[PDB]
Amino acid sequence: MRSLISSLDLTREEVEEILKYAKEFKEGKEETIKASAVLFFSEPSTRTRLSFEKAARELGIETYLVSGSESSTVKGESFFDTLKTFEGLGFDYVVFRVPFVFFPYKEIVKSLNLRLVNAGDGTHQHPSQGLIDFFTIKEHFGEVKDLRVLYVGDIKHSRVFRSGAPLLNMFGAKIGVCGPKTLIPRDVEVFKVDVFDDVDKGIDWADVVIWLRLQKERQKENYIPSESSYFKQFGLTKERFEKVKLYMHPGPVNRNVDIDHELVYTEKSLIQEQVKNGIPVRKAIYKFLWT
Amino acid sequence: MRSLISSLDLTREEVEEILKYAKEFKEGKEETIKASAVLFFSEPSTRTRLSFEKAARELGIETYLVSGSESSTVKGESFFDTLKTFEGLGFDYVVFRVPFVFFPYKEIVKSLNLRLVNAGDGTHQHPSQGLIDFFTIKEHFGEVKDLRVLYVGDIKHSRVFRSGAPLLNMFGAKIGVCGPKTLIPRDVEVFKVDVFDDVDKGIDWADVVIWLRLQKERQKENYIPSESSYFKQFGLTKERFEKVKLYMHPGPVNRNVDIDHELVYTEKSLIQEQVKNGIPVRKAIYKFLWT
Amino acid sequence: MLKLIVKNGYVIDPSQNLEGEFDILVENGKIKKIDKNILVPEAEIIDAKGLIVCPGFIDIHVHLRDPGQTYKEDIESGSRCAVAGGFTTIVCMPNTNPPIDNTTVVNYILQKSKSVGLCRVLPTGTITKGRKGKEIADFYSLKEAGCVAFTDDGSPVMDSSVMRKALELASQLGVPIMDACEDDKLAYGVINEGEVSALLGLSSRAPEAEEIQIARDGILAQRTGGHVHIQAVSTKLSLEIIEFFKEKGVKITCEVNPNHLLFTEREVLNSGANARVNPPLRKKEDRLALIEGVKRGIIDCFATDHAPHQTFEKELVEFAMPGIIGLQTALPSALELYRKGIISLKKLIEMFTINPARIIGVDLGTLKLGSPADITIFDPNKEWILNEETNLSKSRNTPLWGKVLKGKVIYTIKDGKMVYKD
Amino acid sequence: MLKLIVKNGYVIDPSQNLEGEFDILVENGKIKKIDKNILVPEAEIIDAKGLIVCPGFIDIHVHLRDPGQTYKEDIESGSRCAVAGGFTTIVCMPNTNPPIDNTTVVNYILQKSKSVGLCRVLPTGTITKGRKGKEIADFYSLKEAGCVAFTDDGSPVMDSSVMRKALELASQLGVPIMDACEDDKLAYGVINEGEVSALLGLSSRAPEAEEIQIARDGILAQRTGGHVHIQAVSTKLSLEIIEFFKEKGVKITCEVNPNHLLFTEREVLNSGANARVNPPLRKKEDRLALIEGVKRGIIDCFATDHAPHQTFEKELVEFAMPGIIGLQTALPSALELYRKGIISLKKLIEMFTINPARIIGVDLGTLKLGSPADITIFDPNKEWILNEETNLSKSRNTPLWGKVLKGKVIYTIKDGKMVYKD
Ligand SMILES: O=C(O)C[C@H](NC(=O)CP(=O)(O)O)C(=O)O
Ligand SMILES: O=C(O)C[C@H](NC(=O)CP(=O)(O)O)C(=O)O
Ligand SMILES: O=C1C[C@@H](C(=O)O)NC(=O)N1
Ligand SMILES: O=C1C[C@@H](C(=O)O)NC(=O)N1
Ligand SMILES: [Ba+2]
Ligand SMILES: [Ba+2]
Ligand SMILES: [Ba+2]
Ligand SMILES: [Zn+2]
Ligand SMILES: [Zn+2]
């Protein structure tokens, strides 16, 4: 009966198990889980919320949606008390996305009779996205071992990076980061990463590049002089398209900031593939947590 | 084919009937009602909305959710016209929570081919919560007759008090109130209540104490000098915990305002029990209103 | 100090309907026995022969200026004034700087007063935070720390719900509101709206400013059940309004500043800014009505509103700080009414002792067996002059400066200890 | 209490280069003689056989939370912690509520501390009014009332002229500035900018925030002639900068929180919000540099920055109040360095006694003849656990909660009076 709060808590075996279910679901496996899930979102979401929702429903899980600013959070109900409320209401799963870092989480998880699934907690973790990104990379290449995976952009504020990098590392991939030096953590090498000052070197090095969106709503000061200059320095431009081998973006894309307006859906883009992998990976997670 | 707008409209027999269904549902009774319900919330809610929703779904009722500020209320549709819209759309039930007092209501109820269920109307009524509180008290003690039930806090702004007190009274319980004198109605004795100036006397008197949240979003001026002083004067502090026999809170709790941070889930607290009783009581209400 | 005897004095204890020539035995700071010619082995003796012996006086309206304005007065200088005037208990007002709207300021005052060790100083809290008139203060914490009442003195409360809420929360706690009654739209000038303002063109303060708030407070007291104490009453209509609410059983009490018994607005022409005070000195008809309100029991007690200000704050009337010192002059001032046969000596003592005690709900102002040995001993006939030789205040601001007073404290006793002697 | 003798202990008084097995005679709260086998008629005796006897410890960085946050700790609970930890003198920080920026708050603390009567509590004042960082506070009135230093702890001063003006006006008065060094543009997150912030995405506080202000303060101290004391030093570069100014003869002193000697940022992963502190726990290299700065005499004293917060203020790191309690754990924590042979026992005592005394200019931290009999007696080897049985703080916020400590106070003596015993 467990929870998935952080990629850092998954063993190799657990990832193999999840991704095996995900592949099975992608190939059309049906399965019924008689459960209910409440999806508690106090940050915006399109794909993460809808894929968790649709994944649940296709498994027979009844889904309930609560957005933070309509919930009794507005009356001062703490995060813990909200989850405890979900527990009293008989929910089996709680899929949550919140604007703060949920750390420490272990004692709270342990104290609840609930299957908690982190759909994003501030700048901290988004484990299902890391799983989707790993699965997407693996589906493309066969294995991730020794692959060179470059993340570009706002690393500092990225729960997508923090969920994906450890999983890739754990299976022998090599991670690189490139972005405005103001948005690269000083001790980013805690993820065993190479740092590229220059995105063109990073792109030549990379087997796959994951562009990340500027987390403007999370940034406590201005970190970059401008979006169009950022695009020239770091973005997937038309010139860079010739050289890029393959690329990803967890979404949503900011066109002409991250990726050129014309380059979102090319034969080199796995972006739509990440979307399509959302439901099977998120089904795999409900299943993996069903005891 | 009726509605439940106010506790004041329930006879003894009706309450016995509702609570009998609630007990049956709590003990696992299944039942199907082929109906649809629209849940129309223009104030925040977690537990009331989710328990009405989950209650409906477990009875086979299709549920639809509308939050006020996404609805055509924003285009000037009046409350009545919204309900009439629900009627044209074929809803059987309308569960509503609104920021104003729905009074008078009888003529409007009578004019609609709908089962209206008040999930909270301003400072006026919240009948399902009064039923849940009565049921919770009754499940604990066996009967409510001659029990001493103390409500603490913002009485003036409390639809929870106004729904619970008449039901308890009707079955012979004794109601007491204690709170900032600025938040006790001058003619609170219209509920046949004793008034305690001092929460420690109230706590010694009470068999069960229901802490109420300060209705800050309803208060038209400042009534108390501060939240931490309120907590010292009226809150369930650690010192008071030794003396309190049993306690409740309709939720959400404001920790260290109503109830000490450590005292929300103790062996003396029925708070979680109120949450767990939500669905069976709200099922009982749908059933009670199904003709 | 195990044992003290106050011998041969004329004892008056109105709380007990007790008077005559009796001795008082004090044991461990407390009243032990009251009887004819008491004698005990190894006792301290003070001889009160030819003098009046009564409970220590209680002044429920004093400005100690401490913290924040200690060049005017401080807890020490005010306490010396108090005891030199016969007061063993004073209530200090909360218009200090910082104001008494938190428990730190209360505790500072309590601790400093204990260190000084002359009279009991009982703090009040503000009605509003910062005394700004907008938000009720934390009554619960302030009462628990030792405040005995709430007032925004010397500022009125202008919002009626604020005042209502003050009364509600205070009565819930069992303590009164003391209200400084002067509507600030009608009282923003410097002296009474009467003959002197008309003659000189000084800005004025309308008597209705006081009356309207007293009427408001009586109504609020009536409807909330709270107790409101009206500070420094100054007009005939005011007393009429108070009596109208007292007649209905409303918990409304009041006090008079003895200066308002002695002086009218005309004093502004003789004493300049030392007659500037809020509420102002008003007309003859008001002065006489006040005396009549004392006689008829409408005014519940004397209270000085001892309000010291320095000489440079008492120059041009327009710029002068309002207030008059009075702790050392209260008794001879009151005794003027006794001499004219307006009140009895018992009545004068009631107004200084048991009446103020009952207003603030303290068990003092009494010589009941077992109660604290707070005793004042005075000569109703002894003449003296308030001047540099005799003034214990840091300030001098009173029209009685340099004038002959009749009536004077010989001994002040607090918990069985002599804290003052002539 | 005329006469007390501390017998058979191993006395260490670094201020006098005095050590050996000596007895101490105390007369009227003061040190009278120190000699082999002293014996006097009708003396109190405490036997210190097998124990270390030294001057009472002085902690120049303590949060008493009093006034205004007394649910965290108050003067009483903090004083019990102090004495249980071997401290006879503590300096309290001014980030109370209301803050210590006026003489009422100073006096409240002084008087309350006298009532409590366990250790000497020396207040500091704020650098700025309200600690808002804009206007210098009234140093003159605050020093006169008893403040021994000014700090805006736990807020940095961001304007350089404000800091310069603080240093100028303080040095004119002969008192130091204690500066909470963390530039608020570079330190507005919750933990160190290192591995843990990178791994978890918690907002961070850059080591340069501390370094830049320490460098600024050394320069200001140099040019004004004022004395600046750097609180809770936490990085290698910081110590390098301090030493650079000490080398030039600048009056700059510093302290280390023993927690920074014991823990790194990694502790955030093991203890969660009980490792949230400003300045943060930083890296291994910093921890080791700190220990090296203690060894080489760059760090002048230990000071706890005892900073209690309740458990509900120590839940999710992002929302947690920063701070660690430390008064009861300072000594065993320090003794860890003694056990590893990093510092001598004399050196450890210097850092708790004479060094902090000299920083704040008080004649304490000594067993000199005629000086106050503030004496601490301790067992360097006695094991205990900080838990519910043993904690005297109202709060529990320390990563050492529940862990085995070695080194413990057996007796604390203040003015010849035993105020604590094991
Ligand atoms: O928002 C991003 O930049 C990446 C990532 N995005 C998503 O999960 C997609 P969505 O917000 O549409 O669910 C996230 O961290 O929320
Ligand atoms: O809000 C309260 O204080 C009591 C009561 N609360 C509830 O019904 C719980 P919720 O708002 O989470 O549905 C209400 O009146 O809405
Ligand atoms: O209301 C007040 C306050 C007082 C003072 O100086 O405090 N002086 C006055 O004359 N009237
Ligand atoms: O600068 C500070 C202040 C302190 C507090 O809680 O007062 N706690 C800290 O951790 N750092
Ligand atoms: Ba695992
Ligand atoms: Ba009916
Ligand atoms: Ba919305
Ligand atoms: Zn006054
Ligand atoms: Zn500090």
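Chains: lettered A, B, ... by order of sequence lines. The residues of chain A that appear here are 1-291 by the PDB entry count, in order. Throughout, chain B uses the PDB entry numbering, with the displayed residues spanning 1-291 in order. The residues of chain C that appear here are 1-422 by the PDB entry count, in order. We're sticking with the PDB entry numbering for chain D, so the shown stretch reads 1-422, in order. Counting convention: from 1, in listed order, for ligands and their atoms alike. As a textbook-style caveat: the illustration shows part of the entry, and contacts are counted within that part alone. Technique stated in the header: X-ray crystallography, 2.2 Å.
Lab note: drug at ligand 2 identified as N-phosphonacetyl-L-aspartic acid.
Of the chains in this structure, the chief binding partner of N-phosphonacetyl-L-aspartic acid (ligand 2) is, as UniProt puts it, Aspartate carbamoyltransferase catalytic subunit.
Other chains with any heavy atom closer than 4.0 Å to N-phosphonacetyl-L-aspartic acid (ligand 2): A, B. Proximity to B:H126 (heavy-atom distance under 4.0 Å) selects the following atoms of N-phosphonacetyl-L-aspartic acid (ligand 2): 8 (O), 14 (C), 15 (O). Residue B:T48 touches N-phosphonacetyl-L-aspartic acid (ligand 2) through backbone and side chain together, judged by heavy-atom distances below 4.0 Å. At least one heavy atom of B:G251 lies less than 4.0 angstrom from N-phosphonacetyl-L-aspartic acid (ligand 2). An N or O contact shorter than 3.5 Å links A:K75 to N-phosphonacetyl-L-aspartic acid (ligand 2) by distance.
Counting only heavy atoms, N-phosphonacetyl-L-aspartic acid (ligand 2) sits under 4.0 Å from the following UniProt carbamoyl phosphate-binding residues in chain B: B:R47, B:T48, B:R97, B:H126, B:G251. Of the heavy atoms in A:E77, none comes closer than 4.0 Å to N-phosphonacetyl-L-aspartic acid (ligand 2). This PDB entry assigns chain B to the organism Aquifex aeolicus.
Contact atoms of N-phosphonacetyl-L-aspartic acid (ligand 2) toward B:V160: 4 (C), 5 (C), 15 (O) (distance under 4.0 Å to a heavy atom of the residue).
For atom 12 (O) of N-phosphonacetyl-L-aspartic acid (ligand 2), the closest heavy atom belonging to the protein is A:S72 OG, 2.7 Å. Polar contact with N-phosphonacetyl-L-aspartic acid (ligand 2): present for B:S45 (N/O pair, distance under 3.5 Å). There are UniProt L-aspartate-binding residues of chain B with a non-hydrogen atom under 4.0 Å from N-phosphonacetyl-L-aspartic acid (ligand 2), namely B:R159, B:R213. Nearest protein neighbour of atom 3 (O) of N-phosphonacetyl-L-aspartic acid (ligand 2), counting heavy atoms only, is B:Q215 NE2, 2.8 Å. N-phosphonacetyl-L-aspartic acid (ligand 2) lies nowhere less than 4.0 angstrom from a heavy atom belonging to B:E43. Closest to atom 15 (O) of N-phosphonacetyl-L-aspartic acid (ligand 2), if we only count protein heavy atoms, is B:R159 NE, 2.9 Å. Shortest contact from atom 9 (C) of N-phosphonacetyl-L-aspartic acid (ligand 2) to any protein heavy atom: B:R47 CG, 3.4 Å.
Heavy-atom contacts of N-phosphonacetyl-L-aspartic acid (ligand 2) within 4.0 Å involve A:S72, A:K75, B:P44, B:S45, B:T46, B:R47, B:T48, B:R97, B:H126, B:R159, B:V160, B:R213, B:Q215, B:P250, B:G251.
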Contact table, N-phosphonacetyl-L-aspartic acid (ligand 2) N/O with protein N/O, distance under 3.5 Å:
unit_1: N-phosphonacetyl-L-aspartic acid (ligand 2); atom_1: 1 (O); unit_2: A:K75; atom_2: NZ; d: 2.8
unit_1: N-phosphonacetyl-L-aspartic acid (ligand 2); atom_1: 1 (O); unit_2: B:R213; atom_2: NH1; d: 3.0
unit_1: N-phosphonacetyl-L-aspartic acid (ligand 2); atom_1: 3 (O); unit_2: B:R213; atom_2: NH1; d: 3.2
unit_1: N-phosphonacetyl-L-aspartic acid (ligand 2); atom_1: 3 (O); unit_2: B:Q215; atom_2: NE2; d: 2.8
unit_1: N-phosphonacetyl-L-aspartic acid (ligand 2); atom_1: 6 (N); unit_2: B:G251; atom_2: O; d: 2.8
unit_1: N-phosphonacetyl-L-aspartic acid (ligand 2); atom_1: 8 (O); unit_2: B:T48; atom_2: OG1; d: 2.6
unit_1: N-phosphonacetyl-L-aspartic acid (ligand 2); atom_1: 8 (O); unit_2: B:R97; atom_2: NH2; d: 2.9
unit_1: N-phosphonacetyl-L-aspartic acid (ligand 2); atom_1: 8 (O); unit_2: B:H126; atom_2: NE2; d: 3.0
unit_1: N-phosphonacetyl-L-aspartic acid (ligand 2); atom_1: 11 (O); unit_2: A:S72; atom_2: OG; d: 2.8
unit_1: N-phosphonacetyl-L-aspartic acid (ligand 2); atom_1: 11 (O); unit_2: A:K75; atom_2: NZ; d: 2.6
unit_1: N-phosphonacetyl-L-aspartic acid (ligand 2); atom_1: 11 (O); unit_2: B:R97; atom_2: NH1; d: 2.9
unit_1: N-phosphonacetyl-L-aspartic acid (ligand 2); atom_1: 12 (O); unit_2: A:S72; atom_2: OG; d: 2.7
unit_1: N-phosphonacetyl-L-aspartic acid (ligand 2); atom_1: 12 (O); unit_2: B:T46; atom_2: N; d: 3.0
unit_1: N-phosphonacetyl-L-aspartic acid (ligand 2); atom_1: 12 (O); unit_2: B:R47; atom_2: N; d: 3.2
unit_1: N-phosphonacetyl-L-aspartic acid (ligand 2); atom_1: 13 (O); unit_2: B:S45; atom_2: OG; d: 2.7
unit_1: N-phosphonacetyl-L-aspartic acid (ligand 2); atom_1: 13 (O); unit_2: B:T48; atom_2: N; d: 2.9
unit_1: N-phosphonacetyl-L-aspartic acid (ligand 2); atom_1: 13 (O); unit_2: B:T48; atom_2: OG1; d: 2.8
unit_1: N-phosphonacetyl-L-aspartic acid (ligand 2); atom_1: 13 (O); unit_2: B:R97; atom_2: NH1; d: 3.4
unit_1: N-phosphonacetyl-L-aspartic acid (ligand 2); atom_1: 15 (O); unit_2: B:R159; atom_2: NE; d: 2.9
unit_1: N-phosphonacetyl-L-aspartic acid (ligand 2); atom_1: 16 (O); unit_2: A:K75; atom_2: NZ; d: 2.9
unit_1: N-phosphonacetyl-L-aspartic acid (ligand 2); atom_1: 16 (O); unit_2: B:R97; atom_2: NH1; d: 3.3
unit_1: N-phosphonacetyl-L-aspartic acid (ligand 2); atom_1: 16 (O); unit_2: B:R97; atom_2: NH2; d: 3.2
unit_1: N-phosphonacetyl-L-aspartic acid (ligand 2); atom_1: 16 (O); unit_2: B:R159; atom_2: NH2; d: 2.8

